[PDB]
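Drug present: S-warfarin.
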Amino acid sequence: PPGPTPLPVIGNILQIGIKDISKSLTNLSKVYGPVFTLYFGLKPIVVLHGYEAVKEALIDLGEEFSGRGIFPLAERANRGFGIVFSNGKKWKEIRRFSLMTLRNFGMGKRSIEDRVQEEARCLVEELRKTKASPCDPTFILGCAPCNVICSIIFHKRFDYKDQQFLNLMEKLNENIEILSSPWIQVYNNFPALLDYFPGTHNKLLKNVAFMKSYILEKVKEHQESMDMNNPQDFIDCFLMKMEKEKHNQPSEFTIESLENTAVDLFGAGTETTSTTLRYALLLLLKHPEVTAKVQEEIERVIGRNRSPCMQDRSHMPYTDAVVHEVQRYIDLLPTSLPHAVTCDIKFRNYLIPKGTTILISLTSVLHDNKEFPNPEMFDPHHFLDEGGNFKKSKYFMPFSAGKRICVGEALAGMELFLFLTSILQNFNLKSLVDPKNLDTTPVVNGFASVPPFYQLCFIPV
Ligand code: HEC
Ligand SMILES: CC(=O)C[C@@H](c1ccccc1)c1c(O)c2ccccc2oc1=O
């Protein structure tokens with residue numbers, strides 16, 4: 001498994017960096033091929049680059065590449081396994097369960113779509129409160145996704161002002177700010193620095209503990225008020241799954257793992273959806289041509305009366321294309337989340353030892369040159385055939401693919417569509433600075449992409 005020969009202790013840091021480490025991977029693939037080795041300090045990593053190599057690993061050899069890889073910082077900042085950081089039987093079981101409860105009608109009488117439709121109405125309520133004045137959408141947009149998860153786990157969304165909510169929001173946001181500081185990377189290359197400067201990770205652990213104890217409060221309220229026969233949320237389902245397991249036992253389902261699975265969902269379900277929404281509005285501000293066509297579809301398919309629903313997406317190929325294009329263009333998780341091989345595998349004549357960390361280049365699939373002609377540009381036609389119909393692609397991998405594919409793929413797509421169509425149905429977007437002037441190019445800091453700062457006005461139609 002070829003790759004640049006590492007220096008004594010610093011590894012390949014001089015070539016990949018700490019900056020846009022995704023750009024370096026693409027450049028490195030031009031010289032070492034689709035399957036190459038990289039060193040983050042002493043740790044050996046295998047990077048998979050093209051669609052062919054990603055498909056082959058994630059799908060063809062799905063089981064073998066279903067392990068979750070964990071870097072030094074993440075390892076020290078995590079106490080307890082839920083779904084995101086889990087491996088083996090613990091992962092397999094908790095994930096299967098979560099996917100089951102996350103079905104549209106997998107948690108009682110009320111559907112996920114319904115909880116998302118209520119939030120969309122509320123999102124609009126809040127944007128109306130801005131009275132069409134210059135606004136930084138970062139906050140409002142972040143509240144909606146967090147609240148959807150709150151609704152799924154507690155059965156009750158919160159008013160955007162409830163203190164419980166703001167505390168939860170604050171911790172989630174604090175953790176992001178920390179994980180998004182460049183220098184975090186120094187820890188991944190030099191794990192010993194964790195012992196010397198523990199401030200970072202002690203803080204993440206603290207924040208997680210705050211959230212766990214807060215969720216514990218909730219599960220305790222749920223253990224009291226629980227009507228087995230009538231589950232209403234993720235907790236109710238978890239609690240009653242524990243009862244199905246009371247007789248088998250040692251068991252993967254515990255209050256501990258419930259707390260861990262709950263925070264994982266808040267963490268994995270908030271930030272990325274939030275950032276995508278913010279990035280979508282920026283792009284819509286930049287391309288009013290595009291926004292006008294999306295509004296044409298809204299006006300014709302959905303009234304201005306009723307609220308959007310998922311049934312409408314099929315009759316809204318342009319909007320669907322715009323949303324797909326937003327995710328494809330922004331490349332939020334350029335290297336997904338680290339994977340690890342489940343066993344000693346032979347891959348494309350290479351030989352990768354059990355436990356080896358695997359980095360999946362989502363960028364390289366999302367920005368494939370043949371599939372998406374001018375990949376670096378925002379163009380909804382990337383998902384439209386000659387007739388204005390939705391043109392799907394197997395290269396559309398923003399949620400990754402295979403056994404570890406985003407558990408919230410359905411939920412996220414539901415939020416993006418309903419929130420965005422709801423916003424554009426009730427408001428027109430006005431930029432203060434003017435379009436031709438603002439830049440939409442992603443800013444990257446470590447292993448996550450984000451948009452630049454901007455403001456806009458939500459003008460009622
Ligand atoms: C349930 C709420 C939820 C929402 C909403 C959500 N995710 Fe996830 N996502 C998860 C969970 C849970 C995992 C962990 C999956 C695992 O480790 O098995 C995950 C994992 C991922 C991964 C890991 C891929 C890999 O190969 O392991 C990527 C990439 C990802 N999500 C992208 C996204 C994007 C992009 C969005 C939205 C724009 C999004 N997610 C929204 C829950 C969510
Ligand atoms: C936060 C970190 O120190 C590194 C981070 C990461 C993300 C993408 C590609 C490489 C490294 C990381 C995670 O976000 C992560 C998330 C869930 C489970 C395990 C993880 O391990 C990581 O290293």
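Position 1 is the first residue of the sequence, and the numbers go up from there. Both counts, for ligands and for their atoms, begin at 1 and track the order of listing. Per the header of the entry, the method used was X-ray crystallography, 2.5 Å. What you see below is based on every heavy atom in this structure, not just the backbone, and it leaves out hydrogens, waters and symmetry mates.
In the structure shown, the parts corresponding to S-warfarin are ligand 2.
The chain in largest contact with S-warfarin bears the name, in UniProt, of Cytochrome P450 2C9. With a non-hydrogen cut-off of 4.0 Å, the residues around S-warfarin amount to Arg68, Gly69, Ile70, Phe71, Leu73, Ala74, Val84, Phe85, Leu179, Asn188, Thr335, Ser336, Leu337, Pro338, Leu359, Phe447.
The PDB entry identifies the source organism of chain A as Homo sapiens.
For atom 9 (C) of S-warfarin, the closest non-hydrogen atom of the protein is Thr335 OG1, 3.2 Å. Closest protein heavy atom to atom 8 (C) of S-warfarin: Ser336 O, 3.2 Å.
Each of the following atoms of S-warfarin lies closer than 4.0 Å to a heavy atom of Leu337: 16 (C), 17 (C). The shortest contact between atom 17 (C) of S-warfarin and any protein heavy atom is with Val84 CG1, 3.2 Å. Within 4.0 Å of atom 5 (C) of S-warfarin, not a single protein heavy atom is present.
In this structure, atom 1 (C) of S-warfarin lies nearest to the protein heavy atom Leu179 CD2, 3.6 Å. Among protein heavy atoms, the minimum distance from atom 21 (O) of S-warfarin is reached at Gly69 O, 3.4 Å.
Atom 2 (C) of S-warfarin has its closest protein heavy atom at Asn188 ND2, 4.0 Å.
Closest to atom 13 (C) of S-warfarin, if we only count protein heavy atoms, is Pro338 CD, 4.2 Å.
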